[PDB]
Amino acid sequence: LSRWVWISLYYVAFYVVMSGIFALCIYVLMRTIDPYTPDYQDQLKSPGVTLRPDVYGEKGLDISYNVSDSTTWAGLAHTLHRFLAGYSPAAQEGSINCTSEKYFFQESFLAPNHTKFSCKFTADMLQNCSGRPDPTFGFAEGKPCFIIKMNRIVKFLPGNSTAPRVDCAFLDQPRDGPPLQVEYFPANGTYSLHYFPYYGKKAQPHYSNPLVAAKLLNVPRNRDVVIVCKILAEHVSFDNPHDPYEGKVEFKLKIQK
Amino acid sequence: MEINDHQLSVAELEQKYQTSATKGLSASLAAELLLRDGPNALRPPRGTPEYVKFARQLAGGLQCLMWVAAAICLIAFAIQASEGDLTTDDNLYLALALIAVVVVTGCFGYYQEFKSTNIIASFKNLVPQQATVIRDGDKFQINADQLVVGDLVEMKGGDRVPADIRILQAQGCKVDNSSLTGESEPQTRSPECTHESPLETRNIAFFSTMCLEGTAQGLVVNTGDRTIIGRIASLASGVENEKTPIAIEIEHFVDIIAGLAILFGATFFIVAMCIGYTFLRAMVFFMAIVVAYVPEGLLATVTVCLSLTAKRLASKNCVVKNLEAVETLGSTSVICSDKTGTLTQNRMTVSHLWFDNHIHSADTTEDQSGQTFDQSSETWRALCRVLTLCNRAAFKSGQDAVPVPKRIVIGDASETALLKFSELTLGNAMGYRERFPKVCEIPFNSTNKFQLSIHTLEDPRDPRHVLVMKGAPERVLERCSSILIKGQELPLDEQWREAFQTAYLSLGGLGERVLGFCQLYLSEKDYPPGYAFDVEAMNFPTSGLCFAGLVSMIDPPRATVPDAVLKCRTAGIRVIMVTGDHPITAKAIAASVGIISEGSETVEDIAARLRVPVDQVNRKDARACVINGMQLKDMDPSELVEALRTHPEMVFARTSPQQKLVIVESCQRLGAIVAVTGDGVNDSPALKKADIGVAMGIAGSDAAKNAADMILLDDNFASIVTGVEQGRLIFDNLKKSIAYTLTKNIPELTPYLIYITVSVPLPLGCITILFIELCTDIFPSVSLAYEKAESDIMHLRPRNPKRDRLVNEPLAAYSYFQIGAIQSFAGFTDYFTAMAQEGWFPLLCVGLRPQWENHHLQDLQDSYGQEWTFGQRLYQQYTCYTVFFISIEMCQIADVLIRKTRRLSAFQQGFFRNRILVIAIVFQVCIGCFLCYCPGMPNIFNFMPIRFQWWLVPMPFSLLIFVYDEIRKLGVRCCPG
Ligand SMILES: CCCCCCCC/C=C\CCCCCCCC(=O)OC[C@H](COP(=O)(O)OCC[N+](C)(C)C)OC(=O)CCCCCCC/C=C/CCCCCCCC
Ligand SMILES: CCCCCCCC/C=C\CCCCCCCC(=O)OC[C@H](COP(=O)(O)OCC[N+](C)(C)C)OC(=O)CCCCCCC/C=C/CCCCCCCC
Ligand SMILES: CNCc1cc(-c2ccccc2F)n(S(=O)(=O)c2cccnc2)c1
Ligand SMILES: *[C@@H]1O[C@H](CO)[C@@H](O)[C@H](O)[C@H]1NC(C)=O
Ligand SMILES: *[C@@H]1O[C@H](CO)[C@@H](O)[C@H](O)[C@H]1NC(C)=O
Ligand SMILES: *[C@@H]1O[C@H](CO)[C@@H](O)[C@H](O)[C@H]1NC(C)=O
């Protein structure tokens, strides 16, 4: 009659108790945890590299378009617009003109509302590939602009000597033509060292990764080609057979006419 | 249809079979008759192909649950290579793994049954039997299998009866029908039709039986399958082998599993679709859940445990034909047991003597391990002289290593019994006999009905003759006039005849065959050396002799049998005799072995002592009961149930093959699990219908052995008690090994339940769930087989099959939703620790799966804003695998320890005392570490070298399990209420 209640109430008792025990495990774990620095960075050995505008195929990044058909590239450009809508002077007020040119170590929290200073990085620094004077970021010409962005890992330092460069070159350079000529923006193709080291989203709520534009100039039309686009910095490795995005980005590209 | 032959005239038999009753079959005509009917033997069981004997191992309750599982897995995997580009194919792995254990187990079962039936077949001493046939008027020897119907054959003492023989003429021909009937004493065979039922006539001799003494000739009436032997065997075709109690139990918990898998899968399909998933994926998780309740290694481990118990019994000369049988004796509540050749040795041996006015008691055991009798007296030395000298039996040559009770003897039945008796009291009887040259002898006849012989003495200083004679006790008594007693040779006055007659009837009352012995030394005056005695002239005394004593014989229990019966009853198992033999012998042995306890009595005994009619006896007072087949024929099944319920110690005498099967059935139907033990063809039918059929390896008929599930290779009836013990351990221990194996299935599933309903990154992978199920926890769960008992196991009643199951709903509920629960909160705490210490806080983790698994995000942001590539997120997912796995392993050290005992605390019985279990915890941790810290392992098996905080996060949860089960077990222990 009334004993299924006396056992089921044992189960609701047992699961409430056990749940609470788990809760206190979480709570106590959430004080192990520093809000500004992750305990271990075990898989972020070297930074990931991402490209933009990213279009993916069966085998990975696969960008393909037709200079004469804006349908096939408006979208591409419109991603580069949306991507850079957060590099506008408008949405860069929370950061400051770093000019230091070497690492921007901060040990205390001297920025508004108990935070740290993050550097400004504005679209117009990509110059020709900034979406002005060309709102198609070089696609309508056949000399497209690919934005390269290095993944941020907290307190990661790329290298003391130079700034990290982006070298971007053919995988198999066509055997009736020359190497890939690229123009980078900024000019050597570098991420300036005052953007490193990243302290975290809580620390620098307004941070924005340095971008480098790669304007590909002499890609032969109507041919399948693959561009490797790796990062040269001392603490940055790009030869990992189980992450092909550690330290680089490969992409296949065909520009049709 | 067989009945025609023993009722025909010799003219009619010669007509029917185109034969002569004295000159026999023509030669060519018997060549043709052989072409017609085939050889004279029983055509073996049809014989199923090798590939199908493999096929049938892949079938069974767990097995079919696993085939349905892999069925579901392949239906789902097809749905999923249709539903976008998924190269996940976990269901390929799981389904193919299920097929894998089902199959590999299959090989193991097939190979076990192979090796076991080679072990049984290789003690079967197939030596071709022969027969004295007469053809064209010639007596010669042919193989028994070449006898065609209508042949004229001859038998003498020693010969095996070659076919089914209808007897035309016989001189004092007695026979051993114990393989067909129950009867332990020799059965007369004479040519006159004594019954219309050919089983109960005396003018047929049966295909498989032994001619013990005398001589007969008769015509062949059936060969091969058509003989009463092949007919009673063919009865055991029409008996269907019901399924074992262990098979029932397995199917019970397969049903519990199935219930759970449906109830869950359904509940989370409702939930899955209320979370806005597509019906087409909510069916995929329905499927994954349903399959997730099917353990992957269970079938493997139980098929290992049964196999280890089989090895134990095989070590004790108890070969089992298939693994399920190692359990059955533990669940048995009654033993329907054959008498002659089973409980007894089927060998008439001297059991008692009457001499110096006392009934002495000889040691009837086969290993000679009991109380012999007093051999001081002059009377005994004389009585030994008479029974040793008046005897014509002789051991076959070169038997000196053979123990005497097992030696082959060229003699009659009584004479064989007595010859072994002299060889075990006097020592070297035949040489002794040689030392007293026989000068005259009348052998047993139908005129005199006694055997006598006259001998010259041993030394030369006594030159007398000694006349020794033996025969039926009354017939010996009237022929003699004094009695040896205590060095006196007193006159045989009225009181000695009354006391002799009292002893004779007492040994007849215990169902023994009594023989009287006597002597007379002959004068030198009247009978001087070289005197020509003449048996026809009778020129010597056959009267006025001197009585020595009585010697009496019986078919006696096997040495270890009385004790074996004792222990089975100590362990709550009802023993029932079911014997074809006559009630008086049946009841004697049922006393001797402990079936009928010292001091209980039948209703006929109560009437006989109280001096009342049996109508007045209160049946409730009679703890024992004997019922022959005749009364059992005129019994409603309700009367049989009244008798079985009313009279604890039941003996069925004169019981046909079918009646044994019917007593088995009546118990079974009353709820019993029934074991039957049996010698021969008659008990073969009961053997098949039994929950477990036990055949005697040596004494046993091919029919019996074939029906039986288990063979006592050395006829040691005490093996039975070992069977009870090993089937009570391996049951309790399986209840342990299963409880362990089932408990990992909830921590293996709650990750996927959460990963669906919360969209957390995947805590635990398929590729690693397989390692748990088939690698890390196998050796622990098998080690539980080696647990010793937690009680005086052989003093416990047999389990109630309807109440106490292998897996109850309480047992499951406990192992799944309490110990499994604690394991899942263990793993999930180690999961959220492993992620927060790497960058991902819990609140971020809800909903994060779409982005987690997206190949088109190589910059997904953690809680510190750092940006992971998909590959990096994947190596984190493997770390999540490995910590959830290790949480499960630590909690399965706690599991294997608390599942050592169901009642007792670990402090009492121990921790390190099961040594195989300890080796298996070391093994489990070693495989764990090899999977974590070997190089290459993140890529080959998706296992990360986890940090050493991740091992310890489960420790409190493990110890919590230990303490929780202790408190429960102490609750049961120190409070039955
Ligand atoms: C039928 C049986 C069902 C049993 C299900 C389990 C129910 C119990 C589960 C959750 C209840 C809430 C537990 C968490 C709250 C703990 C107390 C608390 O207040 O802690 C604060 C945290 C942190 O706060 P923050 O991250 O915003 O700040 C970061 C803090 N700083 C900046 C200092 C680092 O709050 C948080 O994270 C909130 C996290 C809430 C989401 C947790 C993830 C949900 C996963 C559940 C899986 C459970 C497995 C169940 C196994 C059952 C086996 C049968
Ligand atoms: C109790 C005894 C039972 C009898 C044994 C039966 C065991 C059979 C169990 C499973 C068989 C199925 C596996 C066979 C298929 C191999 C396929 C292969 O080509 O493999 C490579 C994979 C690595 O895939 P990935 O995840 O890196 O790819 C990711 C791909 N992307 C990126 C597209 C997602 O590896 C794998 O799947 C392999 C996964 C295999 C998991 C094994 C589970 C542990 C079993 C242990 C039994 C050990 C017996 C030893 C006996 C010795 C006696 C002398
Ligand atoms: C039988 N008990 C062990 C078990 C087996 C699976 C499983 C189910 C479907 C397909 C493949 C699987 F390995 N699961 S599972 O909880 O459903 C699960 C866990 C993690 C990833 N996928 C599913 C649990
Ligand atoms: C940012 O600071 C630099 C440092 O030299 C200065 O030249 C430049 O005018 C500033 N840009 C602004 C305020 O837009
Ligand atoms: C960038 O654009 C300007 C024209 O506005 C031109 O002066 C300069 O040469 C361009 N650089 C490249 C590499 O095209
Ligand atoms: C796109 O280029 C193709 C050559 O591949 C050309 O035929 C076509 O006209 C172009 N598209 C349009 C819309 O003209």
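Letters A, B, ... label the chains, following the sequence lines from first to last. We number chain A the same way the PDB entry does; the residues here are 34-290, in that order. Chain B is numbered as in the PDB entry; shown residues: 48-1024, in order. Just so you know, ligand 1 is whichever comes first in the structure, and atom 1 is the first atom listed for that ligand. Note: hydrogens, waters and symmetry copies are ignored here, and every other heavy atom, side chains too, is used.
From the options liranaftate, bumetanide, spectinomycin, mycophenolic acid, vonoprazan, the one located at ligand 3 is vonoprazan. Measured by close contacts, the chief partner of vonoprazan (ligand 3) is listed under UniProt as Potassium-transporting ATPase alpha chain 1.
With a cut-off of 4.0 Å on heavy atoms, the other chains touching vonoprazan (ligand 3) are B. Lab note: nearest UniProt active-site residue of chain B to vonoprazan (ligand 3), heavy atoms, 1 Å precision, B/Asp385, 46 Å. In chain B, numbering the UniProt transmembrane segments from the N terminus, a non-hydrogen atom under 4.0 Å from vonoprazan (ligand 3) occurs in the following: 2, 4, 5, 6. Under a heavy-atom cut-off of 4.0 Å from vonoprazan (ligand 3), the UniProt Mg(2+)-binding residues of chain B that qualify: none.
The organism that the entry gives for chain B is Sus scrofa.
Here no covalent bond ties vonoprazan (ligand 3) to a chain.
Among the K(+)-binding residues UniProt records for chain B, the set within 4.0 Å of vonoprazan (ligand 3) by heavy-atom distance is B/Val338, B/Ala339, B/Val341, B/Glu343, B/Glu795.
Applying a cut-off of 4.0 Å to heavy atoms, one finds the binding site of vonoprazan (ligand 3) to be B/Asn138, B/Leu141, B/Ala335, B/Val338, B/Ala339, B/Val341, B/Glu343, B/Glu795, B/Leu796, B/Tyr799, B/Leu811, B/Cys813, B/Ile816.
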